[PDB]
Undergrad: 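Sharing a structure here in structure tokens format.
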Amino acid sequence: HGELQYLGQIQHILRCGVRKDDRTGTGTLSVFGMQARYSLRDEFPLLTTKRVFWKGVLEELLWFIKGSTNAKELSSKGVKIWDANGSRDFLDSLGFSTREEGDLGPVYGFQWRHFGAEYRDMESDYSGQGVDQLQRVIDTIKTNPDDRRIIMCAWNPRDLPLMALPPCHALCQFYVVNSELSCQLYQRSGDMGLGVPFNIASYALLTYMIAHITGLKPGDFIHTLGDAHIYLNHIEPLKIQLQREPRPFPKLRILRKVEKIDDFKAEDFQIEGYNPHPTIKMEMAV
Amino acid sequence: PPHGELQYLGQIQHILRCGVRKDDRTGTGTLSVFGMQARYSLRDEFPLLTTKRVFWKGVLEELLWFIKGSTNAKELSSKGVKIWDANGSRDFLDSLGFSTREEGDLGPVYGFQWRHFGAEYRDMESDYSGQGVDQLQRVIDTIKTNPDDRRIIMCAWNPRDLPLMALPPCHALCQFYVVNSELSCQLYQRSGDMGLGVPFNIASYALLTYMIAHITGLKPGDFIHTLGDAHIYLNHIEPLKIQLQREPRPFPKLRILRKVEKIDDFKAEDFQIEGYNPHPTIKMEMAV
Ligand SMILES: Cc1ccc2nc(N)[nH]c(=O)c2c1Sc1ccncc1
Ligand SMILES: Cc1ccc2nc(N)[nH]c(=O)c2c1Sc1ccncc1
Ligand SMILES: O=c1ccn([C@H]2C[C@H](O)[C@@H](COP(=O)(O)O)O2)c(=O)[nH]1
Ligand SMILES: O=c1ccn([C@H]2C[C@H](O)[C@@H](COP(=O)(O)O)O2)c(=O)[nH]1
């Protein structure tokens, strides 16, 4: 079972991790550098030891793809994961006093579709400015699948001062061999309790989507971690989760033929056979 | 638990055993695996591989060249370090449409992205003083003032500058980490020529970690090497089979011979490698 690599990482950190203070003031147990491999072949790695917020995964990805940097746009679909980092108080603490609530700055959506464009605000029109990395990845996969440069990068040093949160998913790399598409994510910072399960699902989903558009089979998702950490108030909750036996991963079916990445809608996806254990409350450190 | 040269030899064995055939840009052909990670301790030793002699002069000189912000291959070539000459040659540059550039102008690669990320590239000899983001000095400053930061990153991958690069960076980014007065480094290498590139590259980022540790008053911890497309070129199979027959020897030490306050002030004569006793050099063709 693929899920055993996630649970193995949690237990590796519980026992070898080092105490480390953090930006949030909460404290963490932390390890630097880990890697896990999840198969996408006839299965989809949505964790079963706790229910992962699939609606959030799907809507957050559609939002990235659209190029949005407005947390209220996501919040109005019922997904509140970016609300704390886009709030008035949070934005004021970084010194963005005149920024509208929900304006996260030039984060993923903007960097993926408009890398290098000049950010103004979340409502501006950026059509045709900057580099559309997402569409370039798709185009390269179709014409030169052997390419070792199929990368999408959200980390933009010049824009960091304007971001409410510098991207945790600094970059991802695609790989093709034998008509099978794989993806590796470099995650610089991983909240192992709250974020990583959700982050795994997102990139697996992105890989299914791209595979669908390019006529390829999904292969592997490789998850690479920089600072992999467990917040101190997640230790007891993760201990509960580790008592649970994984159930089989579900499958993902895409329900119509879709030609452009921008045409996918929430209704085109169906998770089949997902039957997780209950959610576990893990407070978000902000 | 293996923390030295055996991880590297193990990756080689794994690609020879389970690697898939994959064609590549250079027309040589490879055996390839996607996604690998190894961890090299830097604690009282320096990971210069011993089953073949690694080109230490080239490692050192290339790192000093990156640090000073250069993207001119002639500056290495002038020192007898030829590792960038095929990608900086007149013919290679012209083959990519760069007929007006001077030979050796690799474009806005590491030196430029590390010291001036976001500046508008003109040519290799332009004055970029005060332009773009000095990522390297920022890394060093964050390490001194906020060692717990999970954002201590230097990124060479610049999508806007890609069309101008002779070769897009293989070392897309690196991340630093501090705990218990120890500095570690992780490298994301999108593409690793396991025979020729990877030993030399491990040594590069181990050396950068020692230099930064020295400037910040920290001890070197680990170097974590992460690979995207880890590949053995088909014409490196014979040389690698010879290498896998040889027993690893203890790693050397690295000594910094003087107290140096700024990263820019390091010179080649400040570094001494001690007790390096490798098996001979093995020649391996460079795929262009
Ligand atoms: C998107 C986001 C924004 C800020 C975050 N802050 C912390 N501390 N942890 C996080 O995982 C986190 C995340 S991912 C997340 C958050 C909530 N539910 C599932 C996944
Ligand atoms: C710097 C560089 C430039 C282009 C390259 N092309 C191939 N194919 N492999 C490589 O390792 C490579 C390298 S690293 C290298 C080259 C020669 N000696 C040791 C290390
Ligand atoms: O998709 C996401 C977004 C954020 N985080 C986490 C990691 C950190 O705990 C925190 C970000 O804080 P810094 O690393 O930037 O300090 O949120 C994730 O795990 N996944
Ligand atoms: O420091 C370096 C520079 C280049 N290469 C390799 C990897 C590839 O074999 C080749 C670059 O080719 P592409 O991945 O860009 O196609 O050189 C390395 O391994 N290390």
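For reference, chains are lettered A, B, ... following the sequence lines as listed. By the PDB entry numbering, chain A shows 28-313, in order. Heads up, chain B uses the PDB entry numbers, so what you see runs 26-313. Excluded from the calculations below are hydrogen atoms, water molecules and symmetry mates; all remaining heavy atoms, backbone and side chain alike, are included. Whatever order the structure lists them in is the order used to number ligands and atoms, beginning at 1.
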Undergrad: What is ligand 2 bound to in this structure, taking the chain with the most contacts and naming it as in UniProt?
TA: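 Most contacts: Thymidylate synthase.
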Undergrad: Can you identify the drug molecule modeled at ligand 2?
TA: nolatrexed
Undergrad: Which chain letters come up when looking for other chains with a heavy atom under 4.0 Å from nolatrexed (ligand 2)?
TA: B
Undergrad: Looking at nolatrexed (ligand 2), does any of its N/O atoms fall within less than 3.5 Å of an N/O of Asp218(B)?
TA: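 Between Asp218(B) and nolatrexed (ligand 2), an N or O pair is found under 3.5 Å apart.
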Undergrad: At a 4.0 Å threshold, what atoms of nolatrexed (ligand 2) neighbour a non-hydrogen atom of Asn112(B)?
TA: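 It comes down to these atoms of nolatrexed (ligand 2): 4 (C).
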Undergrad: Indicate yes or no: does an N/O atom of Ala312(B) lie under 3.5 Å from an N/O atom of nolatrexed (ligand 2)?
TA: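 Between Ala312(B) and nolatrexed (ligand 2), an N or O pair is found under 3.5 Å apart.
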Undergrad: Which dUMP-binding residues annotated in UniProt for chain B have heavy atoms under 4.0 Å from nolatrexed (ligand 2)?
TA: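 Among UniProt's dUMP binders, a heavy atom under 4.0 Å is found in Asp218(B), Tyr258(B).
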Undergrad: Mind checking whether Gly222(B) has an N or O less than 3.5 Å away from an N or O of nolatrexed (ligand 2)?
TA: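 Looking only at distances, the answer is yes, because the N/O contact criterion of under 3.5 Å is met.
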Undergrad: Tell me whether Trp109(B) reaches nolatrexed (ligand 2) (any heavy atom closer than 4.0 angstrom to a ligand atom).
TA: yes
Undergrad: To which of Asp110(B), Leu221(B), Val223(B) does the heavy atom nearest atom 18 (N) of nolatrexed (ligand 2) belong?
TA: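 Selected option, by shortest heavy-atom distance: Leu221(B).
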Undergrad: Tell me the source organism the PDB entry gives for chain B.
TA: Homo sapiens
Undergrad: Relative to nolatrexed (ligand 2), which UniProt active-site residue of chain B is closest, and what is the heavy-atom distance rounded to 1 Å?
TA: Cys195(B), 7 Å
Undergrad: What residues end up in the site of nolatrexed (ligand 2) at 4.0 Å, going by heavy-atom distances?
TA: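 Counting heavy atoms, it is made of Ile108(B), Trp109(B), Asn112(B), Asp218(B), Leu221(B), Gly222(B), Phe225(B), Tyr258(B), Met311(B), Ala312(B).
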